[PDB]
Amino acid sequence: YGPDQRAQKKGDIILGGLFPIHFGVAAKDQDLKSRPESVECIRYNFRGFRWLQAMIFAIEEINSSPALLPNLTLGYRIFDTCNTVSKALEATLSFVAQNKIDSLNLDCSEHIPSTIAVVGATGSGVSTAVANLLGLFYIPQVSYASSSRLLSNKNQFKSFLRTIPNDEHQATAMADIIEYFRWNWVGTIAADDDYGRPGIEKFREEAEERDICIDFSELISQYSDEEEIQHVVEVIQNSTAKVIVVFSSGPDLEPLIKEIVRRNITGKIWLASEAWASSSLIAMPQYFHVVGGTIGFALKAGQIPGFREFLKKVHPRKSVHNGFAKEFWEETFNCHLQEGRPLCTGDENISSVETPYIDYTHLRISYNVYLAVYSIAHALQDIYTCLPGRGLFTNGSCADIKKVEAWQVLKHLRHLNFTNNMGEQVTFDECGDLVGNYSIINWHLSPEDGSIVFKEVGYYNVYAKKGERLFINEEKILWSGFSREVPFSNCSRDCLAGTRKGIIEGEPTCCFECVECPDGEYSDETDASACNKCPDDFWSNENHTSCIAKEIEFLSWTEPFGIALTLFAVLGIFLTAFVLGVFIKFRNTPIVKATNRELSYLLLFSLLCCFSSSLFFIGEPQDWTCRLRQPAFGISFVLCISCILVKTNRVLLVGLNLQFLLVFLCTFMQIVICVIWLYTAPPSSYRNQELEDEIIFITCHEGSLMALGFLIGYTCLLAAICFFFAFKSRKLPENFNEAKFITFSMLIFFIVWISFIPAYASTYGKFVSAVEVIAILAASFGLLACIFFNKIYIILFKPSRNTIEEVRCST
Amino acid sequence: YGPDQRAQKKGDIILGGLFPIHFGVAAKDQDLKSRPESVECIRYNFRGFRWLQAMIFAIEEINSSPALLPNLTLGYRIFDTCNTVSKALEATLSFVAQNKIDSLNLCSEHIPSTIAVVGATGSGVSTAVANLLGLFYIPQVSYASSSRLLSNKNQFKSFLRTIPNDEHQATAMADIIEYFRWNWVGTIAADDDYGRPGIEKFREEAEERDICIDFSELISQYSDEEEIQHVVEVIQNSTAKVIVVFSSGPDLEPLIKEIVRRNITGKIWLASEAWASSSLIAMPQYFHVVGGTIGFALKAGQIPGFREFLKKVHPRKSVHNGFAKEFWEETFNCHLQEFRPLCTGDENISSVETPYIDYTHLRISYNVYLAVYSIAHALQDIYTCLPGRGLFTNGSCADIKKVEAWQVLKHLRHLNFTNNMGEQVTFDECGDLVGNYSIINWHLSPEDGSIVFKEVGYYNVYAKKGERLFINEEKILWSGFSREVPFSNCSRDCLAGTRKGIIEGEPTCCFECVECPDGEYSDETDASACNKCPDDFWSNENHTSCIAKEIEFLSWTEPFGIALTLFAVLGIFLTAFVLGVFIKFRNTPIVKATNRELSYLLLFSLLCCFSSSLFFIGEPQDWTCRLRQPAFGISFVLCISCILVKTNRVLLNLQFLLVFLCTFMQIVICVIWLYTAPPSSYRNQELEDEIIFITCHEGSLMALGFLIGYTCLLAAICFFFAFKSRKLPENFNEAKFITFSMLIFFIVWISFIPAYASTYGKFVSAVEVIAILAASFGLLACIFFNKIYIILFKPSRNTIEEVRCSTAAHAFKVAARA
Ligand SMILES: *[C@@H]1O[C@H](CO)[C@@H](O[C@@H]2O[C@H](CO)[C@@H](O)[C@H](O)[C@H]2NC(C)=O)[C@H](O)[C@H]1NC(C)=O
Ligand SMILES: *[C@@H]1O[C@H](CO)[C@@H](O[C@@H]2O[C@H](CO)[C@@H](O)[C@H](O)[C@H]2NC(C)=O)[C@H](O)[C@H]1NC(C)=O
Ligand SMILES: *[C@@H]1O[C@H](CO)[C@@H](O[C@@H]2O[C@H](CO)[C@@H](O)[C@H](O)[C@H]2NC(C)=O)[C@H](O)[C@H]1NC(C)=O
Ligand SMILES: C[C@@H](NCCCc1cccc(C(F)(F)F)c1)c1cccc2ccccc12
Ligand SMILES: C[C@@H](NCCCc1cccc(C(F)(F)F)c1)c1cccc2ccccc12
Ligand SMILES: N[C@@H](Cc1c[nH]c2ccccc12)C(=O)O
Ligand SMILES: N[C@@H](Cc1c[nH]c2ccccc12)C(=O)O
Ligand SMILES: *[C@@H]1O[C@H](CO)[C@@H](O)[C@H](O)[C@H]1NC(C)=O
Ligand SMILES: *[C@@H]1O[C@H](CO)[C@@H](O)[C@H](O)[C@H]1NC(C)=O
Ligand SMILES: *[C@@H]1O[C@H](CO)[C@@H](O)[C@H](O)[C@H]1NC(C)=O
Ligand SMILES: *[C@@H]1O[C@H](CO)[C@@H](O)[C@H](O)[C@H]1NC(C)=O
Ligand SMILES: *[C@@H]1O[C@H](CO)[C@@H](O)[C@H](O)[C@H]1NC(C)=O
Ligand SMILES: *[C@@H]1O[C@H](CO)[C@@H](O)[C@H](O)[C@H]1NC(C)=O
Ligand SMILES: *[C@@H]1O[C@H](CO)[C@@H](O)[C@H](O)[C@H]1NC(C)=O
Ligand SMILES: *[C@@H]1O[C@H](CO)[C@@H](O)[C@H](O)[C@H]1NC(C)=O
Ligand SMILES: *[C@@H]1O[C@H](CO)[C@@H](O)[C@H](O)[C@H]1NC(C)=O
Ligand SMILES: [Ca+2]
Ligand SMILES: [Ca+2]
Ligand SMILES: [Ca+2]
Ligand SMILES: [Ca+2]
């Protein structure tokens, strides 16, 4: 036979089942000093007993109806695995015992029944160990809870089927949930078995595609010792990540949760996989301050109508075929059953004690057990109603229901398609898998009772296009059980505008510093990895949020220095017009006729042009003022020097009038120099940007310096010749000491235009035009004063008629 | 009973063996009235047959020996697994058939008992065998399974191995990668219990050492076309040149064939131990892809009679080996009687080159040898146990006539023996050994063209962390032909004037280089932050190091300051000479006529005016700049007052009062200016970045205004009262010269107005100095240079009447009108 505690019943066709009635086995490390005994199972599991009852209720309901398998009863043989590979293998060796006597040729009870199909285990490692042995004899195994991706491999597992989705959609959904709430800094914890490792590897692969940085990654187990648990707890406690993604079940997560609760570590955001998101080992009222507000996945519910009334009929004396009912009665009512702790009577009421057996709201894994039994029954009904010539075997032949074999049932299970009680269609794919939606739940705290309440906050729709599968209603979520604000789980705070992301070495790419943008660059947005250089005509604001236009610099009108220069120029023009009016008003008087009368008019006109030529420097330096600011002053002032130079004594030793030829031939050189310079290479405007970054100047580009050198040197040469021929005869008393005044005027010229040299070599912006204008007006006021003011003071001032006569002029 | 072909011999105690005599099975499916028949194994493995011969040789050598297990013979039942789980479980069901009948109470009545099994090769196979053998506590010693998941003794109760596990090898891969300074790799692992935990341990160790991983893929022996195309696309879309592979030969052969048929060259392959010596991959047709591979190997051992036993195999004389017949058929390509030609029993096995006798080193064969001798020494410990000293309950001993499998497992846990090379064998608490690694490189034989595995280093697991690796870099050919180490970084290194910059969406190993701005620098290679060096320093034009900003001031050892100091010294040693020749000629006539005591005070004030020029040279400090300008102000107002007062005044000594008042009225100003807003030194850094200007901040400007203004006023009035007497001939026409001097003053302090406003804050001090040393000379000359001549070049002209009316003007003799 096999294990002695079982639920079995005879029939024409026998099914097999494997359920965890205990949570684990007793902790005993054997030292092998004596022959090893059988291990004992410890903690009773009411949920697994309900799953076993779901299988038995399905079998009895199928045998009741006359439409699903007429005149042919099903039987069963069900064992207990205790979530352990070894006990499951001791059961599976009894399943395959008749097949294996044939294959190993041992020929001896000869009344051993044969098992057609087995309802599978809950854990993936247990399912792999059972599947390796059931695939040898082609016995089909349908699992209700194993969801590892490794069991989709049909090269290794030839006869495995399941009614639960595999876990790739769940890890993708976890990555989508993390992307929805805009986190990037997470930690991961998985169980060290075939369920946790592929799930957490698939989560890691999906997480690096979405730029989510994982801080830590640790493995746990039910049989971890103490120092591994303090290593994992110290890894959790050292990290700044708040969101932790866990692939585990209840038994593998319980020691870690107990040690975290003992140290009272709060503030973490847990992401549960489906195995522990509804686990009564973890959803405890005294753990809540650690595990409140846990967000998890759940399967879709289903309706089994007469099931609760079947569940309330269990009894130790009336369940002859069920052998697990006795310990159920003992563990519910805390008594001892004395077959024929206080002593039981067998009369107690199941509703009086609250256990997970009938305290439930939805049926989720129990529905998978129900559907597995109906899948096997509709495969056998497909065999029963097969028509000759239309079968699934050679030449369209049909199997015999009276001598059916397991490989033919597996063949009909691969081509299976049927409608359940809820109206949906059930079909397995080529990998032997089934697909379904997910519900998304949150852990709350009951106000009526003080216990944990699972509230649905969203769904995950697996038939939708990628990136459109998640729905979450955020207004129904209490973070950490009580808070209404979404928590912060990034590595570092976001950089603002005006700054830039900087690397921290040895750390992942989600962790950065915020460095301010440099002097000439902005940053427009938040979380900028670079600073953008501002355009040529604009310079960055001090805030560095955005940049504004530069400041243009030029000496201008409507400026409190240019107004002063303009008023001085107008005063000079008014003075020259006054002197011209005085000379015209008395032109038959001897003082003006003793001087050359026809020649002073050109002198006064040249002084008028010299005053008016200084206005070209003031203002915005356009193109046609840079071309005429120097030649106008050059020509006008050389005309002035020539008109001075003719009227000196002893400089006319050698046409109709013979004094204007000297003036014409001395002005003609400046005229031709200006014409050839302005023809070969004219000056231009120039926007100067290389002196200061913040401001730009508007200046005049000269074009050449050879022609400007000639145009200054010729004027200095004429000034030197006139100064020589005036200083040589300075003692002559004629014309009211005129040669002395010519000497003083040329001296003032040379002092001003030597003393204004070092302004040019040092100043660079507005001040150059200022010192040019001040120099021009200073030189021309000096020349006008020194030539004419003594003559004016004699003509009309208080010595009016006394010193005006011709006999006084040369005395 | 069980599988049909087997190697089988009987004795007192029966062992068991699982070896991969084939490489795999053939493919089929589709139960369309196939009552499913047994599947066929396809490709013959000569290395696995050598491994099977090692076990038989060890058993026969023990049975010949009188020192180990006397009067007790060992036996064997050995099966073929074909590297698949299902054949191994078919054989293991035959191992445990007797213990099974005791359990389920379910016969042949002649089933022998197996007490130990020499284990499987693949970790996926050994896991499935160990799950069923641990039910009955039958020990299982494996020779090649190296997955870390088999170290878990809560699940695998009776598992031991004579090979080390793969934690050290996965750490050693990251050590080798960190040795050659690469940080940008890709990983490939098989999809089973050997590849996935090894590559996960490597990923953890690589992320600990700041090594970035670009891709990570999984392959299998049963991958279809599209998965291989996807992996090849992933490989040749990447710039990483180093690929780390955890796989065996059969799981890697399809991928290698697809890479070979495309010319994908230049990759650097890092081999794990299972495929670094595989004959399926190390072939001459693949050398342009897999040449230059660097891989791991175990330590070799000696079996001193194994080759002559290997050359003794015959199909008709090996009556206890059922696998010899297919060996003979597959070697000489013939058919044995009981189209390919007929065999004779007369061939020499030294002709055909197969992996059977063509090896250099025994590595896994030595592990099979040790796995047999471990079981033999545990049974020897059972046989030589003294009562009172046993490992069981009351110090009792096991019975050798009626031994049980759990008792052999108990002695296997407490084993410590010494092997044939004088080293100690013992298992730890997880049932493991530890051992060194050899590091090999793939080369090309110049004599034949086959692939040679050349040792280039070792990995020592008994050393401490960080000192376990020795690599001789001179012996490596890098793709089989190259002598330079490849480049396998994501991006190039940044230079001395640059820092790193983030590429958004890419890992930390992929960056940009951005130059440091003005004022910062960098000096190392990978900077990631520019540095601002401290105050009064500015960066170079290279942004490598920063140099010191130079300070700018009128210095003493600068030659311009030397020239100005020599003009000052000439001025003082001119006025001192004037003072000396005045003191010698006091009572002479043309000296007593100018109020001789005012001349001495005038020269004292003028010497102070010369000496006030030296306060403007040097680095400006607090005590110097506060006394720069008031010294010149007081000295010059004393000069102007002494020049002004010596013209004759009838009413309003009782004359010096004036010379008091006219200076006192400025002294007070100076006082107030130093007691409400004194000037100070000031470093002005904002004009030029690379130049530090040191100058003065002059406090309140208004005060200075006042100062200057007063001076000027008291000059002007003097000028006027000199000019009014300009045509009055007395004192060699003194008045005129006074006027001239005053004019000079004015001109010198007017024409220096633009330059003072031009270089202000940069080089104004020099300007000032020049102005002073022009004005002072003016005074001196124009006042007291005319008389000197008549003092000491024309004697007997210094008479009284000349002071009244002078015949010869001279005026220096006009310098003799040179
Ligand atoms: C935490 O980090 C994430 C990712 O780094 C930030 O989310 C990004 O925000 C910007 C601006 O709104 C979007 O353009 C990106 O698409 C977001 N990323 C994702 C993946 O959605 C998030 O803003 C950060 N949270 C806080 C509080 O700073
Ligand atoms: C593992 O490898 C190390 C490194 O070669 C071995 O240590 C050396 O052994 C040789 C030969 O006995 C000595 O000459 C050296 O001095 C040893 N040390 C070093 C640092 O090279 C070690 O013996 C090997 N272990 C085993 C068990 O073989
Ligand atoms: C590839 O990258 C690595 C690490 O980013 C560089 O290794 C550094 O090399 C320098 C000099 O060779 C050492 O000073 C550093 O200590 C190394 N860093 C580490 C972490 O080991 C390597 O130089 C790069 N290779 C090339 C060619 O640029
Ligand atoms: C208005 C005045 N401009 C002098 C520019 C000097 C300069 C500035 C920059 C570069 C150069 C250089 F190219 F010559 F070096 C020279 C000017 C104009 C015309 C005649 C003049 C005759 C006598 C005195 C002044 C004259
Ligand atoms: C040494 C000198 N320091 C300030 C010169 C300013 C200035 C620069 C250029 C021109 C002028 C002036 F024309 F206005 F004088 C003044 C100084 C100190 C104290 C008294 C002074 C009296 C007269 C002159 C200089 C005086
Ligand atoms: N999916 C889990 C089994 C499982 C699902 N739901 C559960 C609820 C309780 C316990 C286990 C489970 C596995 O693969 O092993
Ligand atoms: N270590 C491999 C087995 C192995 C080691 N060396 C080998 C050489 C050839 C083939 C297989 C192997 C495993 O765990 O599966
Ligand atoms: C965690 O932090 C503690 C204290 O800073 C430190 O000693 C320890 O090394 C860190 N890491 C782990 C794994 O405990
Ligand atoms: C645990 O933490 C909570 C905070 O939520 C605190 O109120 C309580 O006192 C703590 N208990 C212990 C035992 O530290
Ligand atoms: C299953 O049967 C229904 C009934 O019409 C059909 O619509 C559906 O396509 C079938 N499914 C498969 C996979 O054949
Ligand atoms: C999955 O969910 C969507 C909407 O949430 C629903 O329309 C669909 O029918 C669900 N799938 C199944 C199989 O019920
Ligand atoms: C820019 O700086 C000013 C300070 O004057 C501040 O008022 C303003 O808010 C800043 N602009 C921003 C932050 O956009
Ligand atoms: C590889 O690169 C090509 C071209 O760059 C691209 O079209 C293709 O999608 C890539 N494939 C993968 C698997 O990345
Ligand atoms: C593959 O590349 C090599 C160069 O390394 C070349 O010699 C060879 O011809 C290529 N293979 C084929 C089939 O062309
Ligand atoms: C094994 O035995 C030798 C002596 O026989 C001893 O030196 C050595 O320490 C032993 N090893 C262990 C692990 O006990
Ligand atoms: C440093 O600058 C000098 C000249 O300024 C140049 O010659 C030299 O090459 C630079 N050094 C570098 C670029 O490493
Ligand atoms: Ca029925
Ligand atoms: Ca790091
Ligand atoms: Ca012997
Ligand atoms: Ca990316």
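Proteins come first, then strands; the chains are lettered A, B, ... in the order of their sequence lines, and each starts at number 1. The way this entry was determined, per its header, is electron microscopy, 2.8 Å. Numbering of ligands and ligand atoms starts at 1, following listing order.
- Bound to ligand 5 with the largest number of contacts is the chain that UniProt calls Extracellular calcium-sensing receptor.
- The drug at ligand 5 is cinacalcet.
- Every other chain with a heavy atom under 4.0 Å from cinacalcet (ligand 5) is listed here: B.
- The binding-site residues for cinacalcet (ligand 5) (non-hydrogen atoms, 4.0 Å) are B:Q629, B:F632, B:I708, B:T711, B:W749, B:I753, B:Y756, B:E768.
- Counting UniProt's transmembrane segments of chain B from the N terminus, heavy atoms under 4.0 Å from cinacalcet (ligand 5) lie in segments numbered 3, 5, 6, 7.
- Per the PDB, the organism of origin for chain B is Homo sapiens.
- With a cut-off of 4.0 Å on heavy-atom distance, none of the UniProt-listed phosphate-binding residues of chain B is close to cinacalcet (ligand 5).
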